[PDB]
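Structure, anisindione included.
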Amino acid sequence: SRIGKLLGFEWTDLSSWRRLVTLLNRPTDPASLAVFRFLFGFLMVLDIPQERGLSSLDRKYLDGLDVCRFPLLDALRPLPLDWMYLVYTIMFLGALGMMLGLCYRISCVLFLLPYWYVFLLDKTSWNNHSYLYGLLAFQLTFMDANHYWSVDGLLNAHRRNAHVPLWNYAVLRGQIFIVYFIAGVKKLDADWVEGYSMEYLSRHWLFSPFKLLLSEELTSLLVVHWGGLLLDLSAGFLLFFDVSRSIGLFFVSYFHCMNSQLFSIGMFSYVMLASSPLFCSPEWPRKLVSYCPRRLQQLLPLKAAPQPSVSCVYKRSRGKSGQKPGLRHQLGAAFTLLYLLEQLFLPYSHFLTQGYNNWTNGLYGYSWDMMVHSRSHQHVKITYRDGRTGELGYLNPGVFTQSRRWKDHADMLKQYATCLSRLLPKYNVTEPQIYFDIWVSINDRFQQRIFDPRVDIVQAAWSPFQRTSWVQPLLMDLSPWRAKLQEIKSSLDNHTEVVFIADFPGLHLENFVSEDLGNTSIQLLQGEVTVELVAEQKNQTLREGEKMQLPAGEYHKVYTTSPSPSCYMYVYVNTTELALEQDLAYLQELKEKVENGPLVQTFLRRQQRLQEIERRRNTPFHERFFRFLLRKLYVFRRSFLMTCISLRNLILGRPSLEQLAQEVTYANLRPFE
Amino acid sequence: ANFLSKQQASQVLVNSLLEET
Ligand SMILES: CCCCCCCC/C=C/CCCCCCCC(=O)OC[C@H](COP(=O)(O)OCCN)OC(=O)CCCCCCC/C=C/CCCCCCCC
Ligand SMILES: CCCCCCCC/C=C/CCCCCCCC(=O)OC[C@H](COP(=O)(O)OCCN)OC(=O)CCCCCCC/C=C/CCCCCCCC
Ligand SMILES: CCCCCCCC/C=C/CCCCCCCC(=O)OC[C@H](COP(=O)(O)OCCN)OC(=O)CCCCCCC/C=C/CCCCCCCC
Ligand SMILES: CC(C)CCC[C@@H](C)[C@H]1CC[C@H]2[C@@H]3CC=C4C[C@@H](OC(=O)CCC(=O)O)CC[C@]4(C)[C@H]3CC[C@]12C
Ligand SMILES: *[C@@H]1O[C@H](CO)[C@@H](O[C@@H]2O[C@H](CO)[C@@H](O)[C@H](O)[C@H]2NC(C)=O)[C@H](O)[C@H]1NC(C)=O
Ligand SMILES: *[C@@H]1O[C@H](CO)[C@@H](O[C@@H]2O[C@H](CO)[C@@H](O)[C@H](O)[C@H]2NC(C)=O)[C@H](O)[C@H]1NC(C)=O
Ligand SMILES: CC(C)CCC[C@@H](C)[C@H]1CC[C@H]2[C@@H]3CC=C4C[C@@H](O)CC[C@]4(C)[C@H]3CC[C@]12C
Ligand SMILES: COc1ccc(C2C(=O)c3ccccc3C2=O)cc1
Ligand SMILES: *[C@@H]1O[C@H](CO)[C@@H](O)[C@H](O)[C@H]1NC(C)=O
């Protein structure tokens with residue numbers, strides 16, 4: 001029975017439906033599940049005021065405001081501010097009840113419903129760990145995790161130290177394994193394997209142990225990219241088996257501990273660190289509290305064998321043949337199988353919803369592809385044409401928005417164009433036609449246009465199951481240029497800058513060179529373009545290799561005429577900035593020499609910034625910890641006070657503007673600064 | 001305060017991961 005020792009079951013248990021149902025309801029110890037429930041509830045309590053935005057609710061959902069919002073379903077709308085505060089209070093109470101184990105099912109539902117409502121209210125805040133939090137709450141709703149270390153069993157003896165069915169652990173282990181394995185198969189991308197995603201991360205001070213035996217390029221290629229991919233692909237197998245459990249635990253602990261310090265991902269690392277003692281035996285808390293000194297063994301609840309439970313089926317050779325599995329056992333087994341299959345399938349469902357497929361497949365947040373793609377934006381231009389007068393105007397990029405994610409997706413762009421169309425008539429503009437011109441580079445590629453600039457977005461066609469037509473394709477057969485681009489960027493001056501641009505045939509780019517941007521030139525690398533100076537009205541054709549100097553404070557255009565896309569580059573210098581720097585340095589040196597034998601004010605304030613940075617570096621970490629604690633306390637106190645004010649308004653009524661202003665002023669006192 | 005001109009709208013010459021909060 002070697003297989004029966006490695007896997008915990010035998011191949012014959014899967015030969016019939018009844019045997020499978022009997023296996024999946026095997027009694028188990030509930031200690032690990034209770035510890036995980038407690039930790040998850042505590043982390044959600046800590047996370048609600050910080051990342052979910054309880055402290056910025058008044059800014060986000062202010063009454064009487066013109067905002068473009070991006071919900072998944074346009075039929076979903078936010079409530080007034082007071083009802084939003086009530087929703088967040090109910091979510092907080094549910095998380096607290098989940099953590100304490102008191103009224104487990106009601107608290108689970110009270111956390112699950114408003115959390116998912118708030119998640120679906122906004123597409124621009126979706127990430128992978130918020131999706132995981134929703135999934136974990138949904139799973140824990142159907143589990144009986146209040147059978148140990150809880151208030152429910154303290155006040156009710158029928159649910160104290162009882163058994164649990166086996167599929168409770170199976171579902172959670174399967175979820176964790178799915179996350180790990182599908183994160184590593186997503187990182188078998190050519191950008192990740194070749195080292196193009198996280199190229200500057202090895203400059204951190206945490207990687208300095210590895211530089212004692214490797215170069216910086218080798219450290220970036222091996223430790224950051226290949227090491228991360230291998231950990232993701234092997235962590236589940238290392239954790240599942242008992243031979244390699246200890247090494248896997250150490251490796252994943254180090255991985256998550258480093259990730260918690262390199263990035264700002266909320267509570268993701270702590271959630272993952274506390275989901276890894278769930279691959280251990282279900283009795284580990286009991287052994288751990290047994291190994292403690294006997295002095296501290298008389299205050300905890302007395303250790304005893306768990307009592308039988310109804311939810312799990314009992315099969316014994318001597319203790320009766322067994323009972324017929326009722327509806328509960330079959331429903332549990334079916335839920336396990338179907339949920340695991342759906343969670344396997346969903347990350348690879350992008351061929352059905354083609355309307356959400358831009359350069360990158362799908363929306364962001366449910367495919368476990370973290371840090372694989374990085375985006376840089378060069379320019380955004382929005383122009384509207386009046387339908388009554390024909391005049392052309394220009395808007396700021398992102399006037400009525402609160403995020404910047406609308407620049408990367410076509411559904412969000414359609415929503416934004418519609419919201420602008422309905423809002424502009426309030427500003428004495430008849431029915432407009434809106435055109436967008438956005439330049440993006442992904443993973444240090446050439447900059448290019450993501451959408452067609454000649455298409456009126458408000459009247460364009462977009463559907464959830466049809467591939468969008470006004471989305472420009474990514475120029476994939478230009479990536480091998482990145483070596484040359486990096487070499488050209490590296491072999492430059494400390495005062496010059498470069499911009500790399502790839503354009504499609506039949507389109508032109510119009511640029512206005514600023515007054516201070518003297519000594520600007522354009523050089524062609526591939527294809528053929530013609531440059532037109534607007535004032536002098538002189539076309540000029542360029543060939544591969546030559547460069548042309550442009551005037552400052554004037555317009556010019558670049559027309560692409562080759563049958564294939566053509567790439568060129570911009571080189572420019574800030575003559576005003578260099579003159580300012582040189583005169584500042586000269587005057588500072590002269591003054592220093594004279595003494596020892598607003599320009600200066602800017603030099604002195606930059607020096608003061610340097611002094612503050614270096615003195616905070618010299619300051620011990622205790623001051624930083626104190627400041628961090630003070631900021632956290634201020635955030636928590638403000639959230640509580642605003643919630644109290646809103647609840648008082650809802651329950652009693654709005655007293656007066658003067659008292660409301662006084663209370664709002666009180667809530668922003670910065671307790672100890 | 002929601003309108004550019006044409007000398008600040010045409011100046012082309014003047015890093016992002018979605019996991020970060
Ligand atoms: C063979 C079916 C899958 C079982 C896992 C085989 C191990 C080989 C590699 C898998 C790595 C981790 C897989 C995910 C873990 C979740 C399942 C699990 O924990 O099973 C173990 C558990 C015994 O645990 P303990 O007695 O603690 O033994 C611990 C070992 N010292 O055994 C079971 O629960 C048996 C479960 C049977 C399978 C149900 C779970 C997986 C369901 C598959 C999802 C897909 C749905 C339908 C599949 C369609 C095609 C088949
Ligand atoms: C009526 C009660 C009144 C109580 C008042 C008490 C007075 C003292 C006031 C305390 C104020 C501090 C409250 C906030 C808590 C501490 C601060 C905090 O968590 O900060 C977040 C901080 C980092 O945040 P950043 O994102 O850097 O924040 C900056 C945003 N850019 O996160 C943390 O430190 C997380 C802390 C949680 C750790 C707890 C353990 C987590 C899990 C690890 C366990 C490992 C597994 C164990 C095995 C068991 C597995 C089954
Ligand atoms: C359902 C909640 C799921 C929670 C999300 C977490 C991850 C789930 C993965 C799914 C991600 C994306 C798939 C969503 C498909 C449904 C979207 C939808 O129908 O609405 C889109 C669209 C609104 O478009 P916007 O760009 O807001 O408007 C443009 C002008 N302002 O709505 C409409 O066009 C009206 C409805 C269209 C048809 C409705 C669907 C009919 C067929 C149903 C099957 C498809 C969905 C099944 C859901 C599977 C479970 C996830
Ligand atoms: C003398 C006058 C000025 C009274 C002002 C006192 C305030 C500074 C108190 C009143 C309400 C207190 C808050 C009430 C409730 C909480 C919940 C509490 O929630 C937890 O997260 C603790 C449990 C856990 O760790 O999960 C954290 C402290 C905090 C924000 C307290 C911080 C300090 C506050 C704002
Ligand atoms: C305009 O900028 C270019 C680019 O920096 C300058 O060309 C450099 O000239 C120095 C000589 O002083 C050479 O060592 C560099 O190799 C040149 N760089 C390139 C990219 O060719 C040019 O001198 C500047 N002109 C003015 C008038 O400032
Ligand atoms: C400069 O060259 C362009 C061709 O590259 C001439 O024709 C323009 O071409 C663009 C793109 O093909 C069209 O969008 C324009 O409508 C064309 N006409 C004009 C007047 O721009 C362009 O005419 C040339 N400039 C001059 C002064 O002859
Ligand atoms: C009051 C209402 C609007 C709050 C939201 C409740 C409904 C819409 C929520 C509660 C539980 C949620 C489900 C929880 C888990 C999953 C599995 C995931 O793989 C796809 C989404 C899906 C299927 C969710 C869809 C939205 C859902 C059904
Ligand atoms: C910079 O290099 C990395 C950045 C992020 C990660 C992800 C990841 O791949 C993962 C999988 C499961 C749980 C957490 C995580 C991360 O933090 C990995 C490497
Ligand atoms: C650098 O150039 C920009 C325009 O390209 C200009 O606005 C800015 O003032 C210049 N820098 C300094 C220090 O003047």
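Proteins get letters first, then strands, A, B, ... in listed order; numbering begins at 1 in each. Start at 1 and go down the list; that is how both ligands and their atoms are numbered. We read in the header that electron microscopy, 2.8 Å was used to get this structure.
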Which of the ligands or chains here are copies of anisindione? ligand 8
What's the chief chain around anisindione in this model, going by UniProt? Vitamin K-dependent gamma-carboxylase
Give the letters of all other chains with a heavy atom closer than 4.0 Å to anisindione.
-> A
I'm trying to map the binding site of anisindione - which residues have a heavy atom under 4.0 Å from it? A:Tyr180, A:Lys187, A:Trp192, A:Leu201, A:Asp232, A:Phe255, A:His256, A:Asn259, A:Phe263, A:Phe268, A:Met272, A:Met370, A:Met371
Chain A: UniProt active-site residue nearest anisindione and heavy-atom distance = A:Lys187, 4 Å
Check your understanding: Which transmembrane segments of chain A (UniProt, counted from the N terminus) have a heavy atom under 4.0 Å from anisindione?
Key -> 4
